[PDB]
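Below is Prostaglandin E2 receptor EP2 subtype with PF-04418948 bound.
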Amino acid sequence: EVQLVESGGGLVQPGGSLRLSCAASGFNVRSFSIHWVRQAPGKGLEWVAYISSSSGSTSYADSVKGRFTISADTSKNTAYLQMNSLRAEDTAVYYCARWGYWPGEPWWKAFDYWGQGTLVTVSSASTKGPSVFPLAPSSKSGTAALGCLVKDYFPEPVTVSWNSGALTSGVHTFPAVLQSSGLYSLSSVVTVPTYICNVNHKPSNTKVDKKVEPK
Amino acid sequence: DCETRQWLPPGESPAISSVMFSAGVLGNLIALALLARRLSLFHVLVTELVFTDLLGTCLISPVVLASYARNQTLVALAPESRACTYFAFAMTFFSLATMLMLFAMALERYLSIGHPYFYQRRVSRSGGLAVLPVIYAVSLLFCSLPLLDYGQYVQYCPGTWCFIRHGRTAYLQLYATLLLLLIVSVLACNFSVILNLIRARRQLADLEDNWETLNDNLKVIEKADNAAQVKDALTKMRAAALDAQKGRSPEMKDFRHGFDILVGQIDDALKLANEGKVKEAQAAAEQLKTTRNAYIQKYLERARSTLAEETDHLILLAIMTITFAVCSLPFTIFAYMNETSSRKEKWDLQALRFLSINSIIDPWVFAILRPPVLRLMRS
Amino acid sequence: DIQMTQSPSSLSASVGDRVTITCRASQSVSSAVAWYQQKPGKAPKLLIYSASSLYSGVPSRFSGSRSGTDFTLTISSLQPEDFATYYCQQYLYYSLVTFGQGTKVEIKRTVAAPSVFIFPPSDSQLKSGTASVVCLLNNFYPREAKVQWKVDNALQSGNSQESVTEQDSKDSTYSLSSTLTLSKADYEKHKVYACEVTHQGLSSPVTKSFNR
Amino acid sequence: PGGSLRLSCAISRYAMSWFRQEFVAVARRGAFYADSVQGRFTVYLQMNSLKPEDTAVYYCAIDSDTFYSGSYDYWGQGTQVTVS
Ligand SMILES: COc1ccc2cc(OCC3(C(=O)O)CN(C(=O)c4ccc(F)cc4)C3)ccc2c1
């Protein structure tokens with residue numbers, strides 16, 4: 001069926017260049033214009049670039065004029081977007097779509113098929129291991145709350161579990177928040193009437209254990 | 001008292017019948033002349049209605065004139081009140097036939113607007129010419145119920161005429177019910193045509209506003225020089241063009257195609273603007289105008305005149321219907337009232353008189369609605 | 001330069017209820033307005049195209065209407081599979097594509113009392129050099145809330161990071177975490193800290209304080 | 001039991017809330033009821049299907065904040081309500 005696969009996204013240093021690719025399957029790119037949409041974390045969608053492989057015209061957004069270059073290859077039936085002189089605002093997710101040419105129905109069905117999209121992150125920082133800090137409740141506190149706070153980890157995906165997965169009731173994992181220096185911080189708390197919080201990081205390959213005791 | 005009276009009452013004014021006969025004849029002749037000066041199916045139906053009214057007058061008036069000439073009632077001048085039946089039959093016969101014709105016209109208007117593709121097919125004049133004998137035969141078969149022991153005729157008279165009997169005979173109630181049903185059907189058809197014409201006027205006004213917006217955007221493109229203003233005007237023009245094709249005839253297969261050609265060219269111009277070509281874009285706009293003069297100007301003109309004629313005919317029909325109501329509502333109301341009371345208040349006579357003046361009012365209103373009727377189309 | 005303005009930004013309802021979303025365009029667009037449904041952690045999907053017809057594949061519960069320059073998306077009956085973010089988009093031209101501000105339908109329930117907890121920085125976190133005080137808000141149905149930091153009976157502006165989770169599968173109760181970051185000197189000089197929570201459902205703002 | 005008393009309070013851009021002395025209901029610009037209030041009452045607080053365990057004073061409050069942050073400062077005097 002009609003499918004659009006994006007690739008080439010990841011981590012890019014500020015001022016560098018990145019080449020994103022959109023491969024179509026089930027149709028030919030010479031009969032449908034290729035559009036790119038960008039979505040920031042905690043925001044909506046935004047059109048960034050468009051190309052029409054039938055005539056060869058291209059268009060970009062007013063905020064991205066002079067920095068992005070879109071092209072299409074009919075021999076490989078795909079689209080390539082080159083990005084130069086990036087900035088911190090370029091941390092988003094890109095999706096590829098097709099919009100039909102004007103005559104008739106294909107134009108009206110705008111963005112009928114959306115691709116999976118890829119994540120792009122522009123940040124100038126080095127990878128750091130997950131520094132886990134336990135959170136202890138008061139000594140007096142019926143129900144109690146035990147938490148563990150991980151800080152100063154640059155890569156996004158990290159896993160936090162309680163009792164090596166045995167205790168999975170009442171575990172609340174908050175989304176990571178980016179700090180000013182560029183390092184993420186996450187907190188995992190649980191409500192209980194030995195409790196070990198294990199934090200494993202995929203890129204840094206670091207596993208940290210901690211024991212929380214009432215104050 | 002009329003049934004026992006066999007002599008003309010002294011002091012009765014005979015000028016009323018002669019004046020009505022002369023007015024009806026003059027109106028029918030004027031209507032026939034005006035129709036001969038001009039055919040559409042509605043005009044043929046109007047001509048047949050005028051001819052039916054003329055025949056009704058020419059069959060009714062000589063009996064009334066002979067009644068005054070012989071100074072005797074219909075029961076006296078003719079054996080066993082034969083005329084008192086025949087006249088009454090005539091007084092009913094056309095009273096139905098013309099009425100049916102009205103409905104036919106209304107139905108035509110419905111078939112004109114309610115089913116456009118059904119009317120677009122070849123409708124030869126033979127259909128309208130054959131409608132008249134069918135209506136005549138139906139009216140004769142319906143009015144043939146009296147004289148066969150089903151219905152009777154009595155003399156509700158000031159001294160000159162006869163009509164149907166109200167009593168055990170149920171023919172009068174059925175006739176009044178048929179007249180009321182025909183009036184309701186004509187009113188429903190008129191309201192449906194009114195709603196459809198209002199919708200058509202709204203669509204035409206929207207199309208005219210879209211065309212005016214297109215012309216304004218084209219003038220802005222021609223006068224502008226900056227790329228931003230040209231791009232904004234092109235966007236507005238494309239939006240107005242897409243807001244005009246929203247309203248399956250063969251010509252409708254080209255008009256829509258013409259808009260597709262237009263919008264396409266607009267897109268081309270926008271591309272030129274994204275390329276920074278100003279003069280070229282202007283040339284593109286010129287091409288746009290050419291396409292407009294090639295494909296769109298004609299459709300608008302056709303839409304205007306069509307609707308015009310439509311409204312004209314509509315108003316005509318409406319006036320006619322009003323007349324018919326003023327002529328037949330009194331009669332239906334009398335039919336439903338109690339015979340005793342109907343005589344006690346002397347209501348029936350009045351209704352009959354109205355029916356009679358119907359034959360005078362039906363043709364003349366036509367001569368009243370001359371082709372210079374645009375004032376009324378102004379509303 | 002069409003700027004789509006979407007008035008509905010946050011609405012809560014249950015299954016079987018009718019939902020109405022309104023989209024307004026800065027410029028007159030005939031029919032180039034579409035609605036898209038994006039799930040959390042998934043790609044969007046077209047629901048209604050040209051504001052009149054329905055997409056081939058989407059359920060018939062969604063409908064579109066137009067009035068002047070205002071477009072309306074109507075959902076007759078909600079379902080557990082229709083709880084996602086909604087976006088309005090204009091496609092009048094290839095180079096003129098502008099999205100709205102978004103609309104995410106939520107599951108409504110009974111308002112409860114938020115449980116507020118406070119967590120001071122640990123000893124290892126103080127040895128690291130940066131002290132982080134945590135204020136936890138658990139089990140409050142309405143997301144709309146406010147947390148204020150007070151040190152020595154003095155309000156703090158800035159340097160506070162808030163994180164709110166999504167609705168749980170069992171009960172639609174959000175979780176909020178407020179982190180206040182300071183240095184070792186600021187933690188040692190100041191005596192007490194506190195976080196005050198103001199939220200619908202509480203007569204008085206709930207304060208949670210800690211003293212070193 | 002079975003009372004159908006109605007309570008009124010003395011706006012458009014702000015939100016209104018009712019309390020029992022415990023939160024009752026809130027009218028925003030949707031309407032969010034409490035645990036025992038959901039289904040029984042309707043918010044003008046149209047109280048219906050009363051029960052004898054609801055005999056307490058009902059107050060009124062107006063949210064000053066425009067983001068529904070739950071900031072109540074214009075607390076009304078309240079009206080005494082007794083069921084059965
Ligand atoms: C239906 O097709 C025709 C055509 C011509 C007709 C002529 C008629 O004339 C007979 C009358 C007379 O004058 O002798 C008129 N009559 C009145 O009672 C009367 C008085 C005033 C008034 F305004 C209307 C009527 C009896 C009667 C029916 C006619 C019917």
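Naming: A, B, ... by sequence-line order, numbering from 1 per chain. FYI, side chains are in, hydrogens and waters are out, and symmetry mates aren't considered; it's all heavy atoms of this structure. Note that ligands are numbered from 1 as they come in the structure, with each ligand's atoms numbered from 1 the same way.
Other chains within heavy-atom reach of PF-04418948, distance under 4.0 Å: B. Between PF-04418948 and the membrane-spanning segments of chain B, as UniProt orders them from the N terminus, heavy atoms come under 4.0 Å only for 1, 2, 7.
Binding site of PF-04418948, heavy atoms within 4.0 Å: B/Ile16, B/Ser17, B/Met20, B/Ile60, B/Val64, B/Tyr68, B/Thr160, B/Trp161, B/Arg353, B/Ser356, B/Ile357, B/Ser359.
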